[PDB]
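What follows is a set of notes on a single structure, which appears directly below.
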Amino acid sequence: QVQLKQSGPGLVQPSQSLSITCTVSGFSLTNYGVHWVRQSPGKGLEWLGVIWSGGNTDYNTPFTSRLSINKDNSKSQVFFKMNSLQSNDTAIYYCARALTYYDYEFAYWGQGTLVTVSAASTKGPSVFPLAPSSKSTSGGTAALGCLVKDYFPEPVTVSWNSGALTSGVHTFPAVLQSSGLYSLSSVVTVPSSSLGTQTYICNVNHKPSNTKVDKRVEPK
Amino acid sequence: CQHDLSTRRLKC
Amino acid sequence: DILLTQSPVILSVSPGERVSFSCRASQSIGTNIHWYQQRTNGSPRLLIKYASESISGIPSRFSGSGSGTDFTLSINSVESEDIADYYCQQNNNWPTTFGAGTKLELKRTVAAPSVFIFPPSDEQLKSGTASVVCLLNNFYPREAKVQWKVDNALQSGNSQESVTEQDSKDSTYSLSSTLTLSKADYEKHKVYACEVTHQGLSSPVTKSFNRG
Ligand SMILES: *[C@@H]1O[C@H](CO)[C@@H](O)[C@H](O)[C@H]1NC(C)=O
């Protein structure tokens, strides 16, 4: 199976450098070029450059002087570095592979790496239960969730029961509070009859702050 | 439109 | 650079209907155009290469046509799974450039929200902050009103809303309204009510609790 896995998301201070590692498998960097594309709020999708099979690189024009791409064929790793970031360099960065060795139709993408350029500091979330009760149980169906509060920067991941519960799960888009910190809720609906039997746990991972929390959510 | 980095979806 | 203009900005169709996305180039580019899908939280998925050529694993309902400067991506019978943004990419000229994307939204029948209200946790209260969450679950269409009342006082400016993207299975939305108070303020009051208004409700639904 062809795959590309990028290093995790995080903060970069203004005027600092971005480093992302792409680890590929299912093919050899000696036979394929690896491309970098980002996705920004303003410009949208924007091709940044490529490191070719033989090690040659091209960079899109405006990144000539601040982009460097390298790789280690043996380790199947491609390294992306970009100097002196500013706020508008906040984007999701991706690595991609084309269908053929020389081409640009991107059939394989990394999962992306959300990079935030900000002067602030990283802060993990506190995780609070959103407890089911009668005020949240209508017609045999109960709602329950986790409040994931006061973190920075995005993103944060939430799953339920280690991935085993996905049906009826809504994880809300984060909102920025006046504190400059993000907050979101993740909720799920389950049979009320299972509240006694089943354990419900929201798994929260804030990769930028290395905060992993498992919050058990119970009726009060 | 605008590209939302949280949802990876267009936002209008 | 070649500028790719995708129009319109938003498409809204009903399931089973056919839909077309337009990609226009600022300069002739042959058939050197590729198309991508972006679902909620995903990376782009390649749908069509070189205007019209199939990609393996992609449903047959996806096709594309055009040459020169005027291109079309087509879904002959849209499914709810097709909710996404759609991008075109040119590579006749270096550097390769992408359009700005078109949003595909699905219509469905009206569905009233289920409303649930969640008091602050005793856990959160220990920090000197109270969040009161009001959930509106699985409704259509997106428009909804959440009005907050604390002891019959209308709350304003102290709540934030968040709406999920459209669900790929049932095409509904869910909404969270979060009311935020100091612990001190929260403690000084008793009745917390969120009131919900929606096209599918024949009258507003109120969910509420008394603190303790
Ligand atoms: C960021 O600002 C620079 C000018 O300093 C501009 O040339 C560039 O296009 C901007 N990039 C984005 C992604 O907005």
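The first sequence line is chain A, the next is chain B, and the lettering continues from there. We number chain A the way the PDB entry does; in order, the residues shown are 1-220. Throughout, chain B uses the PDB entry numbering, with the displayed residues spanning 1-12 in order. We're sticking with the PDB entry numbering for chain C, so the shown stretch reads 1-212, in order. No hydrogens, no waters, no symmetry mates; every other heavy atom, side chains included, goes into these values.
- The drug assigned to chains A and C in the PDB is cetuximab.
- The largest count of heavy-atom pairs under 4.5 Å with chain B, among chains of cetuximab (chains A and C), goes to chain C.
- Between chain C (cetuximab) and the residues B:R9, B:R8, B:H3, the largest count of heavy-atom pairs under 4.5 Å involves B:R9.
- Using a 4.5 Å cut-off between heavy atoms, B:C12 contacts chain C (cetuximab) through its side chain alone, with no backbone atom that close.
- Interface remark: C:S43 contributes backbone and side-chain atoms alike to the contact with chain B (heavy atom separation under 4.5 Å).
- In this structure, chain B has heavy atoms under 4.5 Å from both the backbone and the side chain of C:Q38.
- For chain B, the nearby part of C:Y87 is the side chain; its heavy atoms alone come within less than 4.5 Å.
- Binding site of cetuximab (chains A and C) at 4.5 Å, heavy atoms: B:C1, B:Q2, B:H3, B:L5, B:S6, B:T7, B:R8, B:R9, B:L10, B:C12.
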